[PDB]
Undergrad: 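Notes on a complex, mitoxantrone with Ubiquitin carboxyl-terminal hydrolase 15.
Using the numbering of the PDB entry, the residues shown for chain A are 254-343, 353-440, 755-810, 817-913, in order. The header says X-ray crystallography, 2.1 Å. Scope of the values below: all heavy atoms of this structure, side chains included, with no hydrogens, waters or symmetry mates. Numbering of ligands and ligand atoms starts at 1, following listing order.
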Amino acid sequence: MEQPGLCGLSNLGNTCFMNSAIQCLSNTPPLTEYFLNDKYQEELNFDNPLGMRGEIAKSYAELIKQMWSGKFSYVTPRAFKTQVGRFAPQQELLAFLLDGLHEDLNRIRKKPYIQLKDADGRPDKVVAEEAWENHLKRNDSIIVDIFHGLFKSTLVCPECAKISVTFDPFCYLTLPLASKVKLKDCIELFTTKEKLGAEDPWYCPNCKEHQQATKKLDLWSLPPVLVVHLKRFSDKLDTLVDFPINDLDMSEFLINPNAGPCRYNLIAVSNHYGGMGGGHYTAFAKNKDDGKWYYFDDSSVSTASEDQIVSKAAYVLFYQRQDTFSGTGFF
Ligand SMILES: O=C1c2c(O)ccc(O)c2C(=O)c2c(NCCNCCO)ccc(NCCNCCO)c21
Ligand SMILES: [Zn+2]
């Protein structure tokens, strides 16, 4: 075709999930814009021991420039997949993709060792800000800017009443599934206090001993692009998760009381059809130039209506924060 971004991807074999993942990333406007304006050359990290000397970021840039040139109805991501395979010899490809891009473009030249401190008695605000600052001392890139948020973990040990509060970064949110359910039900279930199994207990440093310490997670800060992975694999759970296309307001789940509005509009959806033993991934994506929705099935690109987006096939959701929309301003 002749419109940039309406470009499919040939199936190199099975390459599970990679094409739909690339389409989700391709239709993440700030990421694609960063690559198309050649802002990535300045930031290529050539001797990061955790990176590919820039080869992942370079191959992704070439692929994205091809997809948004308007010259192709579909291309092959063969060089990109080759580099990704060298970075990750082998599931959730997305974490490895985001990590490969991040390290290839990390502004930190040499990561310093940071001694972990527990929250002690300090306020959540102080400890969260400390953790975010420490993270940026080790990880600072366009991938952090777009995708990273901060979550809280509270572990309470019944043996010695010890409470361990830690704040940790994330680049996507894996949600448990609660029969039809709403997305907010999955978020709510994500933040509920749980009892760790005997198969997965906590090593209490005060006790030098593992056992059933309660664990509860909380969202501290949410990124410009919130990636929400619905945990359908542990047989495959096909529950219809009803999620909004527009105006997802996350503020009720944020425990940072000085946080911003965090309202989101959906931009992409990774679908899976079948089960693990037999399955295929596709994607819905909103095109950044005309605002319409499209369906990407490898090389095939076609028009879509919002009627088709919310289905039980929905597997990963890409949301963009309304205050980060390019060329748009809220009051
Ligand atoms: O491609 C779909 C599919 C679709 O494009 C649109 C709607 C759908 O419902 C499907 C779909 O269900 C599907 C598969 N479903 C499970 C049947 N086999 C499972 C038992 O082994 C199992 C496999 C499957 N993919 C076959 C096409 N892929 C060829 C390249 O790998 C699909
Ligand atoms: Zn203990």
Undergrad: Mind telling me which chains or ligands belong to mitoxantrone?
TA: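 Every copy is at ligand 1.
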Undergrad: Which residues form the binding site of mitoxantrone (ligand 1) (heavy atoms under 4.0 Å)?
TA: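 Heavy-atom neighbours of mitoxantrone (ligand 1): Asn264, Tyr855, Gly856, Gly860, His862, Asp879.
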Undergrad: Just to confirm my output: which protein heavy-atom neighbour is closest to atom 20 (C) of mitoxantrone (ligand 1), and how far is it?
TA: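 Its nearest protein heavy-atom neighbour is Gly860 CA, 4.9 Å.
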Undergrad: Check each atom of mitoxantrone (ligand 1) against the heavy atoms of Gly856 and keep those under 4.0 Å away; list them by number with element.
TA: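 With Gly856 as reference, the close atoms of mitoxantrone (ligand 1) come out as 15 (N), 16 (C).
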Undergrad: Any atoms of mitoxantrone (ligand 1) less than 4.0 Å from a non-hydrogen atom of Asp879? List them with their elements.
TA: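 Matching atoms, with element in brackets: 5 (O).
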Undergrad: Report the source organism for chain A from the entry.
TA: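 The PDB entry says Homo sapiens.
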Undergrad: Among the UniProt domains of chain A, which one holds most residues within contact distance of mitoxantrone (ligand 1)?
TA: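 UniProt calls that domain USP.
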Undergrad: Taking atom 30 (C) of mitoxantrone (ligand 1) as the reference point, report whether a protein heavy atom occurs under 4.0 Å from it.
TA: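 It does: a protein heavy atom is found less than 4.0 Å away from atom 30 (C) of mitoxantrone (ligand 1).
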Undergrad: Identify which residue UniProt marks as active site in chain A lies closest to mitoxantrone (ligand 1), and report the minimum heavy-atom distance rounded to 1 Å.
TA: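 UniProt active site, heavy atoms, to 1 Å: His862, 3 Å.
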